[PDB]
Novice: 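Hi! I'm looking at a structure that contains rapamycin and have some questions.
Per the PDB entry, chain A residues shown: 109-224, in order. Start at 1 and go down the list; that is how both ligands and their atoms are numbered. Reckoned from all heavy atoms, side chains included, excluding hydrogens, waters and symmetry mates.
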Amino acid sequence: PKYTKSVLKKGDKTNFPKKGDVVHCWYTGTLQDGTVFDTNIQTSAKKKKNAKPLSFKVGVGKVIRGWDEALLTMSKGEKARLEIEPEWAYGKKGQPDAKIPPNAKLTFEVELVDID
Ligand SMILES: CO[C@H]1C[C@@H]2CC[C@@H](C)[C@@](O)(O2)C(=O)C(=O)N2CCCC[C@H]2C(=O)O[C@H]([C@H](C)C[C@@H]2CC[C@@H](O)[C@H](OC)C2)CC(=O)[C@H](C)/C=C(\C)[C@@H](O)[C@@H](OC)C(=O)[C@H](C)C[C@H](C)/C=C/C=C/C=C/1C
């Protein structure tokens, strides 16, 4: 796989998402030099899902390839760090209009909040 995952806080080890499911996630993304280019983790309130965690369906290509594959190995509660090679993120061109330089390897802390 072209990502690397380190478990930072262990999940419940029972509830894992399948390719069907909708996952609810908090995240922070940093570029190589350390600058966080995006987070949804909030210092005003979490409360109550204000603001709301990210939601998408796993395994169906709604998100970048690194996220899609890594979410399938996480259990509910798990906070993990993910280093994703450019090939499994925004690749050669990157996404300039969204702060992603060309050929950036990207590091994300991700936390699985809930699965339905
Ligand atoms: C302001 O914050 C943005 C998130 C930003 C966008 C730009 C990137 C730098 C970034 O900074 O986040 C970022 O941190 C990032 O790289 N992320 C977001 C967190 C998950 C991983 C990654 C990502 O894959 O983003 C995604 C990346 C940008 C796009 C994918 C790239 C690969 C390709 O396979 C996919 O095609 C399907 C599109 C953005 C998302 O996580 C959102 C949730 C999903 C989509 C937009 C698409 O799946 C779309 O499909 C048409 C949908 O079905 C959605 C649900 C439809 C509804 C109406 C739109 C919601 C839009 C929400 C946008 C949000 C909260």
Novice: By the naming in the PDB entry, what macromolecule does rapamycin (ligand 1) touch most in this deposit?
Specialist: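 Per the PDB entry, the chief partner is fkbp25.
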Novice: What residues contact rapamycin (ligand 1) if the heavy-atom distance limit is 4.0 Å?
Specialist: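 The heavy-atom contacts are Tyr135, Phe145, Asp146, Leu162, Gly169, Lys170, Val171, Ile172, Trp175, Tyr198, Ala206, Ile208, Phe216.
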Novice: Short check: is a protein heavy atom less than 4.0 Å from atom 19 (C) of rapamycin (ligand 1)?
Specialist: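 So far as the 4.0 Å threshold goes, atom 19 (C) of rapamycin (ligand 1) is in reach of a protein heavy atom.
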Novice: Considering heavy atoms of the protein only, find what lies nearest to atom 16 (O) of rapamycin (ligand 1) and give residue, atom and distance to 0.1 Å.
Specialist: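 Ranking protein heavy atoms by distance from atom 16 (O) of rapamycin (ligand 1), first comes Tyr198 OH, 2.7 Å.
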Novice: Any N/O of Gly169 closer than 3.5 Å to an N/O of rapamycin (ligand 1)?
Specialist: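 Yes; the residue has a nitrogen or oxygen that sits under 3.5 Å from a nitrogen or oxygen of the ligand.
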Novice: In rapamycin (ligand 1), which numbered atoms sit nearer than 4.0 Å to a non-hydrogen atom of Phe216?
Specialist: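 So the answer, numbered in order with elements, is 14 (O), 16 (O).
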Novice: Of all the non-hydrogen atoms in the protein, which one sits nearest to atom 12 (O) of rapamycin (ligand 1), and at what distance?
Specialist: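 So the nearest neighbour among protein heavy atoms is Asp146 OD2, 3.0 Å.
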Novice: Most of the residues of chain A in contact with rapamycin (ligand 1) belong to what UniProt domain?
Specialist: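 The answer is UniProt domain PPIase FKBP-type.
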Novice: Mark whether atom 39 (C) of rapamycin (ligand 1) lies under 4.0 angstrom from at least one protein heavy atom.
Specialist: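 Given the 4.0 Å cut-off, atom 39 (C) of rapamycin (ligand 1) does not count as touching protein heavy atoms.
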Novice: Starting from the N and O atoms of rapamycin (ligand 1), find every protein N or O within less than 3.5 Å and list the pair with its distance.
Specialist:
{"unit_1": "rapamycin (ligand 1)", "atom_1": "11 (O)", "unit_2": "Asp146", "atom_2": "OD2", "d": "2.7"}
{"unit_1": "rapamycin (ligand 1)", "atom_1": "12 (O)", "unit_2": "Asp146", "atom_2": "OD2", "d": "3.0"}
{"unit_1": "rapamycin (ligand 1)", "atom_1": "14 (O)", "unit_2": "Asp146", "atom_2": "OD2", "d": "3.2"}
{"unit_1": "rapamycin (ligand 1)", "atom_1": "16 (O)", "unit_2": "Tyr198", "atom_2": "OH", "d": "2.7"}
{"unit_1": "rapamycin (ligand 1)", "atom_1": "24 (O)", "unit_2": "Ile172", "atom_2": "N", "d": "2.9"}
{"unit_1": "rapamycin (ligand 1)", "atom_1": "34 (O)", "unit_2": "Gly169", "atom_2": "O", "d": "2.9"}
{"unit_1": "rapamycin (ligand 1)", "atom_1": "48 (O)", "unit_2": "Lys170", "atom_2": "O", "d": "2.7"}
{"unit_1": "rapamycin (ligand 1)", "atom_1": "50 (O)", "unit_2": "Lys170", "atom_2": "NZ", "d": "3.0"}
{"unit_1": "rapamycin (ligand 1)", "atom_1": "53 (O)", "unit_2": "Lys170", "atom_2": "NZ", "d": "3.0"}

